[PDB]
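Snapshot of vaborbactam (bound form) at Beta-lactamase.
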Amino acid sequence: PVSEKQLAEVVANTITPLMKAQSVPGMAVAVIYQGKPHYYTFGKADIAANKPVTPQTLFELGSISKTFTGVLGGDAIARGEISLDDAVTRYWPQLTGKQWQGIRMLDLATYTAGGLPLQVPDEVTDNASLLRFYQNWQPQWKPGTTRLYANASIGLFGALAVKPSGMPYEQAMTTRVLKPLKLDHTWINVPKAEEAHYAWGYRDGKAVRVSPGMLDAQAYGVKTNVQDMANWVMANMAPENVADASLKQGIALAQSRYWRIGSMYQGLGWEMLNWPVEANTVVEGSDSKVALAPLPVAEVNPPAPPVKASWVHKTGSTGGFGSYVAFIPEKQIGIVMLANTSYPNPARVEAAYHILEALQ
Ligand SMILES: *[B@@]1([O])O[C]([C]C([O])=O)[C][C][C]1[N]C(=O)[C]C1=[C][C]=[C]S1
């Protein structure tokens, strides 16, 4: 029973103090409710140029990029091109180190290979050095025992998942995920002609944007505006309405539960908790001392298909940007919060939960 006016008030009353407390120059917010997105913009995209945030402003998604990676992988599974149960080495035969035996594509996709680190080392600058890195990696755990959140893990899953397609990652993503969903302002590389829409990120007063790195597209490199992001959330909320038959299955695969780690479940990029969930559960789970820790897992085998009564979410950050998306399929409500400052994840989660609580 929530009016447009009431929703607009709860968003303003939550976001205005958040931006003040967290020194955030600009935010674009979408709330999905009653089958439609509702857009709210605040502050500046570029302080020096005095450019306001608009619904066309592009923000760096950081790790929300992993949700695209997960869905693209799922789409490849649904085409018959890959299986999560396949050995990693099926897709990279040059990866001959015997520590790789028993490590599945599932493990790469869900951070359970056995201690792959948060980042691909900066000294890795091409495929040969990327191979050397993986060949020299000494797993700290057996496969399927420990979750360690890692770009070096899901980044490689993304790269290998598109090999059978024959397309480079960017083209596979655009052809198979972005274009079918009409996400026409979502970019791995922002064309010169669209650069005027690209916000500056801000860190400690300084303007910054994300730098190139190995496996950046697959782990943290996507830029988008709040409209394309609202439409991404809507496709993930209600995949039954997506026309492309492999893509709708890929969305389901990305929201399936593969592992339980405490009160959360790992999907492909997406993370889930059972709905109903209290704020403290989700807020506390997002603290870096939990989220970046190596933690034991319980296998969900076979994987559980998408549970509609879920809090489905993902944080994403770069040096200058902080974003969050969350949705509850049972209730068909969801939220996107894009900001040009990286501020603490628990603050993102608290604000999002508060706003969605208003819609029941
Ligand atoms: B990704 O955003 O996920 C984690 C942080 C989070 O929960 O948002 C770890 C960092 C990931 N992002 C990147 O690796 C991209 C960055 C570039 C510079 C700082 S983060």
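We number chain A the way the PDB entry does; in order, the residues shown are 22-381. Both ligands and their constituent atoms are indexed starting at 1 by order of listing.
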Which atoms of vaborbactam (bound form, ligand 1) have any heavy atom of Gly337 under 4.0 Å away? 2 (O), 8 (O)
Quick one: which vaborbactam (bound form, ligand 1) atoms are inside 4.0 Å of a heavy atom on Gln140? 14 (O)
Does vaborbactam (bound form, ligand 1) come near enough to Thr339 that some N or O of the ligand is less than 3.5 Å from an N or O of the residue? no
Does only the side chain of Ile85 get under 4.0 Å from vaborbactam (bound form, ligand 1), or the backbone, or both, or neither? Count heavy atoms. neither
Please determine if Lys335 has a nitrogen or oxygen closer than 3.5 Å to a nitrogen or oxygen of vaborbactam (bound form, ligand 1). no
Nearest non-hydrogen atom to atom 18 (C) of vaborbactam (bound form, ligand 1) belongs to which of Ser86, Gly340, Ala312, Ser84? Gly340
N/O of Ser338 under 3.5 Å from N/O of vaborbactam (bound form, ligand 1), yes or no? yes
Hey, could you check which of the UniProt active-site residues of chain A sits nearest vaborbactam (bound form, ligand 1)? Heavy-atom distance to 1 Å would be great. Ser84, 1 Å
If you have a sec, work out which protein heavy atom is nearest atom 7 (O) of vaborbactam (bound form, ligand 1) and how many Å separate them, to one decimal? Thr336 OG1, 2.6 Å
Does the entry model a covalent attachment of vaborbactam (bound form, ligand 1) to a chain, and at what residue and atom? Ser84 OG
Say whether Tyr170, considering both its backbone and side-chain N or O atoms, lies within less than 3.5 Å of an N or O atom on vaborbactam (bound form, ligand 1). yes
For vaborbactam (bound form, ligand 1) and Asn172, I'd like to know whether there is a polar contact (N/O to N/O, distance under 3.5 Å). yes
Which UniProt substrate-binding residues in chain A are reached by vaborbactam (bound form, ligand 1), meaning they have a heavy atom under 4.0 Å away? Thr336, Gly337
Show which residues surround vaborbactam (bound form, ligand 1) within 4.0 Å on heavy-atom distance. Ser84, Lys87, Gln140, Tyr170, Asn172, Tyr241, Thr336, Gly337, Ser338, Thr339, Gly340, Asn366
